[PDB]
A.B. asks: 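Got a structure for you, written out below as structure tokens; questions coming shortly.
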Amino acid sequence: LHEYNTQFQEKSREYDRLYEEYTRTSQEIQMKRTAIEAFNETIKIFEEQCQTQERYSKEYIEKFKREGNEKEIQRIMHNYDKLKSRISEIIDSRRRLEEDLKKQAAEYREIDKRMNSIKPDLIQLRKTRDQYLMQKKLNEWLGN
Amino acid sequence: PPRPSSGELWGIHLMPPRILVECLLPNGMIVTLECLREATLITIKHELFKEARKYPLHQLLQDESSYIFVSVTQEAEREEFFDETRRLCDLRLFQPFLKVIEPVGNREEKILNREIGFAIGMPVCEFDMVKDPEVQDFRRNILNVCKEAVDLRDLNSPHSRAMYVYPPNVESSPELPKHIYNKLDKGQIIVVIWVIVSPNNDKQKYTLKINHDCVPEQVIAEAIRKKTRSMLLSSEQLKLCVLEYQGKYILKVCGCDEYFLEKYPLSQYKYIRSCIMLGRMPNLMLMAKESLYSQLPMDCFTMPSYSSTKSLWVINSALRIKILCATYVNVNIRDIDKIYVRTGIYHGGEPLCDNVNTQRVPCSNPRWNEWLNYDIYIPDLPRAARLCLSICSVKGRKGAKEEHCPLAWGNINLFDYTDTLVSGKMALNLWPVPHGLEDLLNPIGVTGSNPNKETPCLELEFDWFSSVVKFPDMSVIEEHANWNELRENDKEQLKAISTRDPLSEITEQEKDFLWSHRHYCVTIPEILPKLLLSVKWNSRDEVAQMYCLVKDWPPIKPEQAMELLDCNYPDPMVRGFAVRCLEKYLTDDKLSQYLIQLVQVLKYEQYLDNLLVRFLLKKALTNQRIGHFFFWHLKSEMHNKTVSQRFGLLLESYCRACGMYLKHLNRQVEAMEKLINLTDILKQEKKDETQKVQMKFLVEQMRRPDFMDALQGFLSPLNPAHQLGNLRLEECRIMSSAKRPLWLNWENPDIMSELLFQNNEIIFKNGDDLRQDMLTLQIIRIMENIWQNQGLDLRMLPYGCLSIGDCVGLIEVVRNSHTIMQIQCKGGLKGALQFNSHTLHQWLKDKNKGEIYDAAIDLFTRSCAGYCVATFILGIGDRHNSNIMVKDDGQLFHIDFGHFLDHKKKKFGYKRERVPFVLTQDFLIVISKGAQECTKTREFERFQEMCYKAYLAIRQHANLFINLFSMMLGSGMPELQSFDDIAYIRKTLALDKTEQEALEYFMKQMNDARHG
Ligand SMILES: Cc1cc([C@@H](C)Nc2ccccc2C(=O)O)c2[n+](c1)C(=O)CC(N1CCCCC1)=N2
Ligand SMILES: Cc1nc(NC(=O)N2CCC[C@H]2C(N)=O)sc1-c1ccnc(C(C)(C)C(F)(F)F)c1
């Protein structure tokens, strides 16, 4: 009973710890799914901003070429370049989070694997301990 | 989805005082604009358009008034910002960027939908995106309740809306337990009526002595009588003057927003009866009705934008369900041998036939393609029939003894909300096994697919019968149903059976017994829960006969109809009777008292649209005091993904029709968000900083303009009758606890704040589940109501506690109260952090010296007795000088009830509570008025009689408390997951014993917990 209760109280402590990591990891996974959802909506907005920019620049680049105002065309190009710098910086942020989500979502499956092998074993140890059931030594042997 | 944090940006709690914001202009240009974190959108758009002139194509931009901002929020929402008064830090943007667009849609309509999405904690647009017809049907069809409730509010304008906004807070009984009557001077109470004479806040009082059962107009008329008597009016002119004027004034409580708007006796109003208990003279404010009616804004309720069959009984076939395959399961093939799907057809918790399991398959290949044949005839399927299934892993590595373990589970209603038998293929995303669930099936868990589609997905297939199968109409069931053994032996047994608690086993004979005598059960209506469990729900014949018996069943008391709403009684007709009992007997007072349980049991309804949610919505929409806590209790559990859609869809409807109170809630919700975010910082990033650095940071932050506007001028969520004005910032502090609680103090903006309290003190705590303390304080309040009705003046103190979200909530501060330890810290130390036993009485002797001494010791010993019994019955252990407080007036009360019902000792298997009450001696000294031989006094004997008398009183009402806990099962509270957790109350109340064996049992436990 001392041997079986100590075996019981350890796996009890490990299943609890693993369940903490499991649920904690689960909340984190949801947030990464959220931020990827938010990144997708943000990327969608920036890509529209690029498409609309090409429409308006179209006739002005044509105008500023003929009017010899090459210096203004560099303004539009410089800002358009500044846009694409921001978009690439953001796609990289989403990509790193997508990669990060893959590691945690795989680790997550790994926690649930370890518990689901400990979960049935933990019940049996209660059975063996309970077979041993049928005062200082009783509270002592129960890990105290 | 909802927000992960309360931070001003994703992953950042505090925006920098200045932050660069990407501005995407409509001409295609992008402009980086440095903005103040507290800057409004009005300012930011203005500064952008100044900067935009420096950029190409700037002459293409219209005026800044023709554009509005759109961005991505932390909830992944593409939100347009019409209300440009909002500060930058409070938009809760994902990334600091704003796109400039031309506004599309209705301004007022979009601003509302953002306020609602904010209040719910979930973007409204998501409900617009759910393809589920039951959801779209709920959203539309529930508006009937909203409009109907709104018309009932505008029926008797303006008094009807004054009743809605400021409902009378009255006891359920006008009767005074006579020990309260004798606290009056022969049933008369002295009241001070105040009137403010413009403009200097000139406060004139008229003190009156009048009967306790005087109605407000009689109190008013007496005030007018006192005022007008000195003006030599004729006797008849005075009569005419009183009669005319009395109807045009109203009374308000000094210092808070509670009005005496209804014909209740004055003592029935909760403020007055409390004044009798505490012996304080009520201070009331007399006010002209027009002055109040002008303060009432017009509630604009606007209709939102979205506003061949075969009978089940003709199917000559048994029920069969096809288990096709699961996507995946997380098992290590090396340790788990095979897997299978375990199924069962349930009505509530009771199985309707033998559980059926699939064949075993390899772990890596979860596909069964197996038709499971069940032991139930399809016409015999009850309406609340549910498939309860789970994927179970089996490993036989311990010998010939196999290990069976649940991996993931899911329950489904076999009939949808349209009374249709489920048909065809269906995919069910499973739920994880609860922590500690060892059962192979989980029928008490929520039914329906997991909204998280990234979980193991089990594919099912239901039978097809060449036509849509519908549950028969009620007329057919009744008609089909229509097609002196009662001696005292049976009459005495029927009464004994009904008195047994809900957790007592009902044997198979007794099930047969009640069913045979189902008609005499009508003659004893309270037996209905017991009889309902005795029906063969797997037999349409018995169910039909039961339906007919229910259709004419006598209405039962509210406290007994609530049991028929928990997870045990899923049948809609049973619940329909229960709701109708509530419409008939549940006072708005008692509804407020049971509002938590009535929100919890919503989780066990089969469908979104049901009689209970409609009754609760109507009540919430016609009484704002009910509607307030209806909101928060629904709100505080939106974090729970098991119900967030149901509560989300409901909170949408309440917010859309509650009127001007939504605005007050937005102030409260946002005020809490600042507190959560601030505490997050203090708990996370600044966790290692000293008290001084955090206090500096605290004073630094609340002083910021966004913080000042958010945390000032709103209604206390603990009690909206308290107005929270300006912060008394010098009194705000972070408390020493490691959870970083926030002691907050506001000014009371009431003109009579000095007569009630000019300071409102609230403890904000982020990091602890308060649902336990909520429930305990609720239970403590009910025990006191029982003790008072039986004449036991046991002064409890169920102070305010409200969980507002995931482990975050508020606590009402009790002024002039101190923990036993804080009182003990007077003359030096004794031992390893211990203190002197006589110091408590010595302190109390100084506070209440002279004639008040006997009243204080009496108030102490009465208050001590109630908590002693209450903490024993509820199993709240670990009571010591740190969680027992005493007021200067002498009232004792307990605090911090984080864990009850002996769940800390459940892991040990040793059910024996013998912790000595550490403060036995200290409290004995007070009860014994300072005797050296404290246990020898007659006062101690009186103290023991109170506890014996109080203990049996609660034992007499054990069914109510067992039901209250039973209604809380779906909450996910750790100490309250199964009826077995609730069973601890059965032991402490000794329900298996007699009243004599129980009181002896109590006396024993007290002696085992005697001297500390
Ligand atoms: C003065 C005083 C005395 C006692 C105990 C020691 N005695 C009694 C109290 C009632 C009736 C009879 C007796 C008796 O022993 O005959 C006591 N308390 C105060 C408490 O405040 C709390 C408390 N427990 C007990 C255990 C669960 C927590 C609460 N017990
Ligand atoms: C109802 C109540 N009244 C109080 N009173 C003071 O703190 N007082 C009372 C006056 C001064 C101050 C003090 N010095 O002592 S504490 C309190 C309370 C009740 C229940 N739980 C709490 C917690 C768990 C949230 C706490 F304290 F740990 F955060 C507090």
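By convention here, the chains are lettered A, B, ... following the listed order of sequence lines. Chain A uses the PDB entry numbers throughout; the residues present, in order, are 449-582, 591-600. Residue numbering for chain B follows the PDB entry, covering 2-308, 323-498, 521-1049 in order. Order of listing sets the numbers, starting from 1, for every ligand and every atom in it. Computed from heavy atoms alone, side chains included, the values below leave out hydrogens, waters and symmetry copies.
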A.B. asks: Tell me the name of the drug molecule at ligand 2.
C.D. replies: alpelisib
A.B. asks: I'd love to know the main binding partner of alpelisib (ligand 2) in this entry - how is it named in UniProt?
C.D. replies: Phosphatidylinositol 4,5-bisphosphate 3-kinase catalytic subunit alpha isoform
A.B. asks: Which other chains are heavy-atom neighbours of alpelisib (ligand 2) at a cut-off of 4.0 Å?
C.D. replies: B
A.B. asks: Point out the UniProt domain of chain B where most residues touching alpelisib (ligand 2) sit.
C.D. replies: PI3K/PI4K catalytic
A.B. asks: With a cut-off of 4.0 Å on heavy-atom distances, which residues and nucleotides contact alpelisib (ligand 2)?
C.D. replies: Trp780(B), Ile800(B), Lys802(B), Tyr836(B), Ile848(B), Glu849(B), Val850(B), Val851(B), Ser854(B), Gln859(B), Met922(B), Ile932(B), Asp933(B)
